[PDB]
Colleague: 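Lab note: structure loaded, ligand of interest is Taxol.
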Amino acid sequence: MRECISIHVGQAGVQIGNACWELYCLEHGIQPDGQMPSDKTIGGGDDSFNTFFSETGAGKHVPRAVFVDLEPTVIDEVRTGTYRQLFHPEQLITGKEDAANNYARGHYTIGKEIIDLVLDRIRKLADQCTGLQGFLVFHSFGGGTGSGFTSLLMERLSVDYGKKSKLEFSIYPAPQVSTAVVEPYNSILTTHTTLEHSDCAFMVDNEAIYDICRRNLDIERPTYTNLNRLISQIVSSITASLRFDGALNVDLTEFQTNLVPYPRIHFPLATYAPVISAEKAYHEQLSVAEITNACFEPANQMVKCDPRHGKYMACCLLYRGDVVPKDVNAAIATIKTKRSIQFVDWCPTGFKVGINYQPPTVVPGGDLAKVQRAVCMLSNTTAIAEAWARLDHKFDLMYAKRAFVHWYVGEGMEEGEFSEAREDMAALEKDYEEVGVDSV
Amino acid sequence: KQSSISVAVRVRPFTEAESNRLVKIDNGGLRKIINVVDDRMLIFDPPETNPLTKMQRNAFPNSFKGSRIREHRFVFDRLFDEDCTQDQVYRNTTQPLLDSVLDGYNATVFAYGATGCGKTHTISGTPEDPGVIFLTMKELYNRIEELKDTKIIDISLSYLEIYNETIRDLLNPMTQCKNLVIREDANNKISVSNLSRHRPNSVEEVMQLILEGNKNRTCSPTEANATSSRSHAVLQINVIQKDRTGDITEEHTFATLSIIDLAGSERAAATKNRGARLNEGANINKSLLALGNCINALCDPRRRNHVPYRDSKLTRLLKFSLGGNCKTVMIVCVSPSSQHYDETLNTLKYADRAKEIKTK
Amino acid sequence: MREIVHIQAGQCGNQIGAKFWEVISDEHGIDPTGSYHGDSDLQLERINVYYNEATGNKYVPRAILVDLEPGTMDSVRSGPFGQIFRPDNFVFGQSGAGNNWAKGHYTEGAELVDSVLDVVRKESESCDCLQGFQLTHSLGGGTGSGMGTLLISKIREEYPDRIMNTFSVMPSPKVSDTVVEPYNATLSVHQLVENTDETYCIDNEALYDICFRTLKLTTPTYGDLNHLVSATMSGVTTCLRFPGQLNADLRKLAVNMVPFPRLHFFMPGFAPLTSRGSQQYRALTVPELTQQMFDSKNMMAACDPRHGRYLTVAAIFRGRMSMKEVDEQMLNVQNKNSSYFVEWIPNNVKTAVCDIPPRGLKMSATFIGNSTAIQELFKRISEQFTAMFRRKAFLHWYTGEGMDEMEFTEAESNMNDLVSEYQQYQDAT
Ligand SMILES: CC(=O)O[C@H]1C(=O)[C@@]2(C)[C@H]([C@H](OC(=O)c3ccccc3)[C@]3(O)C[C@H](OC(=O)[C@H](O)[C@@H](NC(=O)c4ccccc4)c4ccccc4)C(C)=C1C3(C)C)[C@]1(OC(C)=O)CO[C@@H]1C[C@@H]2O
Ligand SMILES: Nc1nc2c(ncn2[C@@H]2O[C@H](COP(=O)(O)OP(=O)(O)OP(=O)(O)O)[C@@H](O)[C@H]2O)c(=O)[nH]1
Ligand SMILES: Nc1nc2c(ncn2[C@@H]2O[C@H](COP(=O)(O)OP(=O)(O)O)[C@@H](O)[C@H]2O)c(=O)[nH]1
Ligand SMILES: [Mg+2]
């Protein structure tokens, strides 16, 4: 059976995982205590949930997750929350201090005190898996643990598994808003991991999701819960093809084959079209054409970058609900007629399409409205490099005077590893220019 | 135009065993990464591999599997080749320091390098082929004996180490670290407290003192190095000079020659067990950073408002031994083998921090 | 699990510590007898940070009271919360320091430091994972300055990798009640700059100003000053004890606030401060907290931030609030007042949020600044120092205890170097 192993690193990863597992339990009818009343009321035995859950003797369902953090607060909240009985007790915590927001602490000094436990649990979960598709890693670039420990973990996973797909769902720092002073150092030092060891990295910045919540959802004062719920909806749309039958199924191997043109070019943007409140759910048709057009708006992008400044190198549309292929074809033709949306000359096809019959589920107490149709857009485009350039500028503004460098070098790192990584990001940026040039 | 701080980088020659075991790949392997191009310029990791045509086209926008130009162009104030002898090194390295010292101005020579790059061969040498220190002290004593007439000379020797931000005396062990404290004098003299002094009468006595001090130096087995230094060793030769037949009075002069071993930077990843061995390394790294923050600050005229001397014991110990009134040199020793590739790269850019010469 | 060892030295340190333990015991629902009578499960979740368990369901604070006369110990033990402390932790002498740094550092304090360190070792060995230490004391005094700095030096020698916080009361230029404040303050700053990771520079003048003009109190007493410092101390370590949306321990703040290893002198503040009459006339929201935090009059160090540039800032909010509002307000503060923030740090503000407000308030916030204006404080002390040193006004009381003038010269030089380092970043490129 198809499986996918979820890994959550750091506070951001753990909270996004809380949202994701709430969403999956709602989707599959699993109660917070792991029991499935559908199997007892009717009889069950004809359901698809093995992509995320494992079924024990007594009808309990254990999610395929590994929650990791270098301090106990978030995992302790999970251990005493509504979903305390859902997860296995092996939610791994360091019984010591956190990474203190620097790459070196989470990668070299304290990260190597729990790597063995994490790898052992991942090995056990993989052994329990029969048709393991890949890994879904959630973390944050700008933090501590989420950067250094993620780098160490993905190095080890590449050494061990190698041939399995690995997907990052990272929280890139925003251009202006930032919740720490040393975010650029950690973000740049994670370039190697996201480039060489990952296979497809989905970045989302907090400013874009805040603007989406303000404009579309009419939430003036959103919390991280709303952001996590939106990210959970996107991940659910990505993984729905493995779970529920549909007209055109798109598994991960296909998603990557049709999306990634070159090995180093694996940094797409993710958008979710019908983000809208219940009050505004009326007064609109929300047909396939409307949501497909909304996917391409620069305001709806969840990374603060303008696709109009670059060229669309590939696109993957994953529809959910009452959708017919002919409407999708008409919408794609309507998009191709527009001149504001530019495509490279070496990708005449352009679009990958998948359709699923399962409509999106509404979380109780959430903000997203119940809709009949939805679509998740995954777009490989050159505009994302512009965002990277902004981050690089910040790095230079600190690295000229070697501010905060003593903290990093005093915990096992050497100085050159800074400049090396800046050169890596530079090269990555150069590639995203060279692909965009028209064929001679 | 003129700067008192200069950088000299020496390339080690390939040993017989290493040459034999690595050439096979050229004809693991060696793939020499250091290709000297000029006396002020070297290239790190060139594309000199003969079978390179198949994947040089990937640099052209055809296949984006490799596009990171790893070649680097490094500029230094002096380059010493693999065939450059010890005399050629010394003649362009420490003779002007000796001239400055006999003039009456302080002088300093740093020696930096990772494990296996030939730092010990460069500074200490062998009994058959002695190192730079022997030539320096021999020339000192020869010049003093030449200048015996009309001037009286006295020589004082000190040899200490900086370890975990604490000062220890090597010629006089079993002294509490709290006793040794830096004490800047009112006349710009660093003057460490309770430091033993010795008055050797010849180079042989100096080397006996050096060996006795090195026997007490702090070392631990780490990685592939059976004996790895954990401290910055500082040797100080104080030359006191006065007039013999002329103005016989209390007035005199005295200068200092500093020879400073710098423990190489260490990636903790190499240390697994870690522990005390991890903390020392951390301090060492911090100390090196502090030294960089001085030298670059002493090369940029803009940042001359305030040089951060206080960030480490080493930099404070050299407050008046790095400025414009003291000739400073840095001997960066590297290895052209690939086995030390990453380390050498780091070392080179450390040497690049002294004067970021952008022009190639 | 991330446990702090609290040390109290001198009269000022002991009084602030007593009020701080009163506040902390109220926050966690601990009676003076030591029993727990709270009404929330989160209070006991991370109570091991400050308290050790004891057999009959009791909680003894992990405090170490230190002095060189027994008067303050008798005053504290007879207070409302005196019985909560461990009797064995009351380490004291009989002959006071007499407002002399040398006596507290060399002659009298050297005898008691061994006992204090024995108790410190006993307290630290019982800790599952020691986050660091926490000292409260005054630098202008006698016992406090010398014993505190000696303890800091020796604990740093013994626990090099742990955090060493410090809540120092800097002598004021106007509010003065001790003739030899400059010597003690200079000789203390000479040691703190080397042997600490964070130093929160509190001053009595700023607290008196806050009491007079913000709280509108007619007759402030030292209890109110200790109340303000206690609120700051509780708010600093709020993320160690309660959950939140952005957790930030002491080490994270130290990493995000100390650009260079010597610039670790901070300006604290507490946002929701108002008079009792004026409570109903304001809506308590995040923008009000930000405006009161970044107001120059709310600082506790009596250094005008407008006379310098913020090297770094940290804001630790408490309560249920939106992250978007917090980020928007911090960005707005940085953009509107760009002249007061260094150009070579694109984001000067660290942010933390805890979801458990301080008992009686809907929400609160703690501000921790690091700006070059603090150099002015040292400059003032330096002036007074030289004014007493070219003539050697009271020097014989110090050299009589075995000190030398070279120590005074070195302390002055180190303070001047710190001032120059801060000046080097007040201007920049
Ligand atoms: C009935 C009521 O709630 O009234 C408020 C009140 O009027 C005000 C004026 C309170 C009041 O504070 C003062 O009067 C005061 C005087 C000198 C120094 C500091 C405070 C209050 O006393 C203080 C008190 O604070 C608390 O309850 C906090 O939990 C606070 N408690 C303590 O510090 C404390 C001290 C000893 C014993 C028990 C608790 C706290 C703050 C930070 C961390 C932990 C606890 C509060 C809200 C009020 C009164 C009672 C009037 C204020 O203070 C605090 C700490 O909230 C002054 O600025 C705020 C604004 C409040 O509106
Ligand atoms: N989208 C989203 N981002 C979050 C959330 N929580 C934290 N972040 C981001 O995470 C970044 C820093 O990571 P942390 O939350 O501190 O967690 P960490 O990466 O493990 O770093 P540590 O503090 O050392 O544990 C911040 O810049 C936040 O923007 C969240 O709930 N949702
Ligand atoms: N906030 C506060 N400050 C105090 C208190 N007692 C003394 N001080 C300050 O501390 C300084 C005197 O130091 P002192 O406590 O006598 O030092 P000690 O004699 O070594 O304990 C003065 O400048 C006072 O402003 C107090 O109870 N609260
Ligand atoms: Mg945690």
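Chain letters follow the order of the sequence lines: the first is A, the second B, and so on. All residue numbers given for chain A refer to the PDB entry; the residues shown span 1-440 in order. By the PDB entry numbering, chain B shows 22-48, 100-432, in order. Here chain C follows the PDB entry, giving residues 1-429 in order. Header says: electron microscopy, 2.7 Å. As the structure lists them, so they are numbered: ligands from 1, and atoms in each ligand from 1.
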Colleague: What parts of this PDB structure belong to Taxol?
Modeller: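 Check ligand 1.
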Colleague: Identify the macromolecule bound to Taxol in this structure with the most contacts, using its name in the PDB entry.
Modeller: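 Its main partner is Tubulin beta-2B chain.
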Colleague: What are the letters of the other chains having a heavy atom under 4.0 Å from Taxol?
Modeller: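 Other chains under 4.0 Å (heavy atoms): C.
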Colleague: Counting only non-hydrogen atoms of the protein, does one fall under 4.0 Å from atom 44 (C) of Taxol?
Modeller: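 Answer yes: something from the protein, a heavy atom, is under 4.0 Å.
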Colleague: Protein non-hydrogen atoms only, distance under 4.0 Å: does atom 19 (C) of Taxol have such a neighbour?
Modeller: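 It does; a protein heavy atom is within 4.0 Å.
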Colleague: Is there at least one protein heavy-atom neighbour under 4.0 Å from atom 6 (C) of Taxol?
Modeller: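 No; the ligand atom in question lacks any protein heavy-atom contact below 4.0 Å.
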Colleague: Which of the numbered atoms in Taxol are below 4.0 angstrom from a heavy atom of C:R359?
Modeller: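 Listed by number with element: 29 (O).
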Colleague: Looking at non-hydrogen atoms alone, which of C:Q280, C:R282, C:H227, C:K19 comes nearest to atom 33 (O) of Taxol?
Modeller: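 It is C:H227 that holds the nearest heavy atom.
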Colleague: Return yes when C:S230 approaches Taxol closer than 4.0 angstrom through a heavy atom, no otherwise.
Modeller: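 Checking Taxol against C:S230, which is what was asked, there is no heavy-atom contact under 4.0 Å.
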Colleague: Tell me which part of C:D224 gets within contact of Taxol: side chain, backbone, both or neither, using heavy atoms under 4.0 Å.
Modeller: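 Within the 4.0 Å criterion, C:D224 contacts Taxol through backbone and side-chain atoms alike.
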Colleague: Extract the source organism field for chain C from the entry.
Modeller: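 According to the deposit, it's Sus scrofa.
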Colleague: Can you find an N/O atom of C:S275 closer than 3.5 Å to an N/O atom of Taxol?
Modeller: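 No, C:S275 has no N/O under 3.5 Å of an N/O on Taxol.
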Colleague: Take atom 54 (C) of Taxol and look for protein heavy atoms under 4.0 Å from it; say yes if you find one, no if not.
Modeller: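 No, because not a single protein heavy atom sits under 4.0 Å from atom 54 (C) of Taxol.
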Colleague: Can you find a protein heavy atom closer to atom 47 (C) of Taxol than 4.0 Å?
Modeller: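 Within 4.0 Å of atom 47 (C) of Taxol, protein heavy atoms are found.
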Colleague: If you measure every N/O of C:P272 against every N/O of Taxol, is any gap under 3.5 Å?
Modeller: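 Yes - when backbone and side-chain N and O of C:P272 are compared with those of Taxol, one distance drops under 3.5 Å.
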Colleague: For Taxol, which is the ligand I care about here, please tell me if C:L215 has any N or O atom under 3.5 Å from one of the ligand's N or O atoms.
Modeller: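 N/O-N/O distance under 3.5 Å: no.
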Colleague: For atom 50 (C) of Taxol, is some protein heavy-atom partner under 4.0 Å away?
Modeller: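 There is no protein heavy atom less than 4.0 Å from atom 50 (C) of Taxol.
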Colleague: Ignoring hydrogens, tell whether any protein atom lies closer than 4.0 Å to atom 30 (C) of Taxol; use the non-hydrogen atoms only.
Modeller: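 So far as the 4.0 Å threshold goes, atom 30 (C) of Taxol is out of reach of every protein heavy atom.
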Colleague: How about atom 62 (O) of Taxol: does it have a protein heavy atom within less than 4.0 Å?
Modeller: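 For atom 62 (O) of Taxol the answer is yes, since some protein heavy atom falls inside 4.0 Å.
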Colleague: Have a look at C:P358, C:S25, C:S278 and point out the one with the heavy atom closest to atom 40 (C) of Taxol.
Modeller: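 Of the listed residues, C:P358 has the closest heavy atom.
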Colleague: Is it the case that Taxol has an N or O less than 3.5 angstrom from some N or O of C:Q279?
Modeller: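 Between C:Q279 and Taxol, an N or O pair is found under 3.5 Å apart.
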Colleague: Could you help me figure out which residues touch Taxol at a heavy-atom cut-off of 4.0 Å?
Modeller: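 By heavy-atom distance, those residues are C:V23, C:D26, C:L215, C:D224, C:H227, C:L228, C:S234, C:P272, C:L273, C:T274, C:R276, C:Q279, C:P358, C:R359, C:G360, C:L361.
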